[PDB]
Amino acid sequence: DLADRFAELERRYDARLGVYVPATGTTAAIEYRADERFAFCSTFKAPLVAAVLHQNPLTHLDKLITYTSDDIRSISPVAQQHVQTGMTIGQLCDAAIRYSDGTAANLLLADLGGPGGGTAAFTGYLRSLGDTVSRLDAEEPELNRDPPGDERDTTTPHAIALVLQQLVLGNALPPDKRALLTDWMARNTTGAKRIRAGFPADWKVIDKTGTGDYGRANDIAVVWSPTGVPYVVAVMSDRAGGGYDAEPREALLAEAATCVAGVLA
Ligand SMILES: CO/N=C(\C(=O)N[C@@H]1C(=O)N2C(C(=O)O)=C(CSc3nc(=O)c(=O)[nH]n3C)CS[C@H]12)c1csc(N)n1
């Protein structure tokens, strides 16, 4: 009945819903439109932070990066206060994940591929995880403005949920580096009304949101249950048929998260 419930969500919210839950030894593969392309939006900041962690030692997180206020071309709540202080790489990893700081990710792309090779290097790191489907072609602010049907700056629920299963549950990131990535998204202050809102209180949730034009609202997440069985949940949606200013529906992802909680009892 999962398909009949997920299509009702699309009928009631006027949007396209895509979900993917990787199979386990116990659970099966919960998939709805999981192989169609949705915009990354801010969801790419979580594997971009891990890209900085893999390519650099822990001593690199304390490197002072000096940016200007003219480098602030995107919604960047944390980089707005440290215009003259600069910020260490570990602090921009905190901003790009916990607060989805746009300027953080932009200079995070610079530290990875240089002034003009950041998006290609972030895409190459996803290839190193086995993800040959996702692609990042624009930086902030343009990666959230691509027209519907455009393949640029897109991933799939299947692709990004597989990637996060290697980031949080896999052995792509070493223990100590994995511990700070798991701590960063578990401190996130952007996804309270999304996947968290769909799973009960004694279920542990760690997530990274994404929101953009054409009613885009995403939230990639790994959920933990009271017994401890881990699950990766990827809820991506958009409301293309409403214009660039179509309002995203945060209750949509919560409802989809309630449905995947009902099959994970
Ligand atoms: C050019 O960039 N345009 C953006 C944009 O910066 N997108 C990013 C993205 O995915 N972001 C996220 C997030 O973490 O998910 C969000 C959504 S989370 C959120 N935080 C708050 O503090 C709050 O009061 N309300 N909400 C909803 C902010 S924008 C950034 C945008 C956002 S909505 C829209 N029409 N455009």
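Residues 29-293, in that order, are what chain A shows, numbered as in the PDB entry. Order of listing sets the numbers, starting from 1, for every ligand and every atom in it. Quick note: numbers below take in every heavy atom, side chains included, and nothing from hydrogens, waters or symmetry partners.
- Ranked by contacts, the top partner of ligand 1 (the one with most) is named in UniProt as Beta-lactamase.
- By its PDB name, the drug at ligand 1 is ceftriaxone.
- The contact residues of ceftriaxone, taking heavy atoms under 4.0 Å, are given as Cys69, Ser70, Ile103, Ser128, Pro169, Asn172, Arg173, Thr218, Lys236, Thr237, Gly238, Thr239, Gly240, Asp241.
- The closest approach between ceftriaxone and any UniProt active-site residue of chain A, by heavy atoms to 1 Å, is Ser70, 2 Å.
- Protein heavy atom in closest approach to atom 16 (C) of ceftriaxone: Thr239 OG1, 4.0 Å.
- Put simply, atom 19 (C) of ceftriaxone has no protein non-hydrogen atoms near it, under 4.0 Å away.
- In terms of protein heavy-atom proximity, atom 27 (C) of ceftriaxone is closest to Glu278 OE2, 4.2 Å.
- Between ceftriaxone and the UniProt substrate-binding residues of chain A, heavy-atom distances under 4.0 Å are seen for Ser128, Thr237, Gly238, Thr239.
- The shortest contact between atom 30 (C) of ceftriaxone and any protein heavy atom is with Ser70 OG, 3.4 Å.
- The closest protein non-hydrogen atom to atom 6 (O) of ceftriaxone is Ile103 CD1, 3.3 Å.
- Those atoms of ceftriaxone that come under 4.0 Å of a heavy atom in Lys236, given as number and element, are 14 (O).
- Ranking protein heavy atoms by distance to atom 36 (N) of ceftriaxone, first place goes to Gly240 CA, 3.8 Å.
- Polar contact with ceftriaxone: absent for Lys73 (N/O pair, distance under 3.5 Å).
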Identify all pairs of nitrogen or oxygen atoms, one from ceftriaxone and one from the protein, separated by less than 3.5 Å, and list them with distances.
| from | atom 1 | to | atom 2 | distance (Å) |
| --- | --- | --- | --- | --- |
| ceftriaxone | 7 (N) | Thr239 | O | 2.8 |
| ceftriaxone | 10 (O) | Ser70 | N | 3.2 |
| ceftriaxone | 10 (O) | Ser70 | OG | 2.5 |
| ceftriaxone | 10 (O) | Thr239 | N | 2.4 |
| ceftriaxone | 10 (O) | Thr239 | O | 2.9 |
| ceftriaxone | 11 (N) | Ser70 | OG | 3.1 |
| ceftriaxone | 14 (O) | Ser128 | OG | 2.5 |
| ceftriaxone | 14 (O) | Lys236 | NZ | 3.4 |
| ceftriaxone | 14 (O) | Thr237 | OG1 | 2.7 |
| ceftriaxone | 15 (O) | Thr237 | OG1 | 2.9 |
| ceftriaxone | 15 (O) | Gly238 | N | 3.1 |
| ceftriaxone | 15 (O) | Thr239 | N | 3.4 |
| ceftriaxone | 15 (O) | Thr239 | OG1 | 2.9 |
| ceftriaxone | 35 (N) | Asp241 | OD1 | 3.4 |

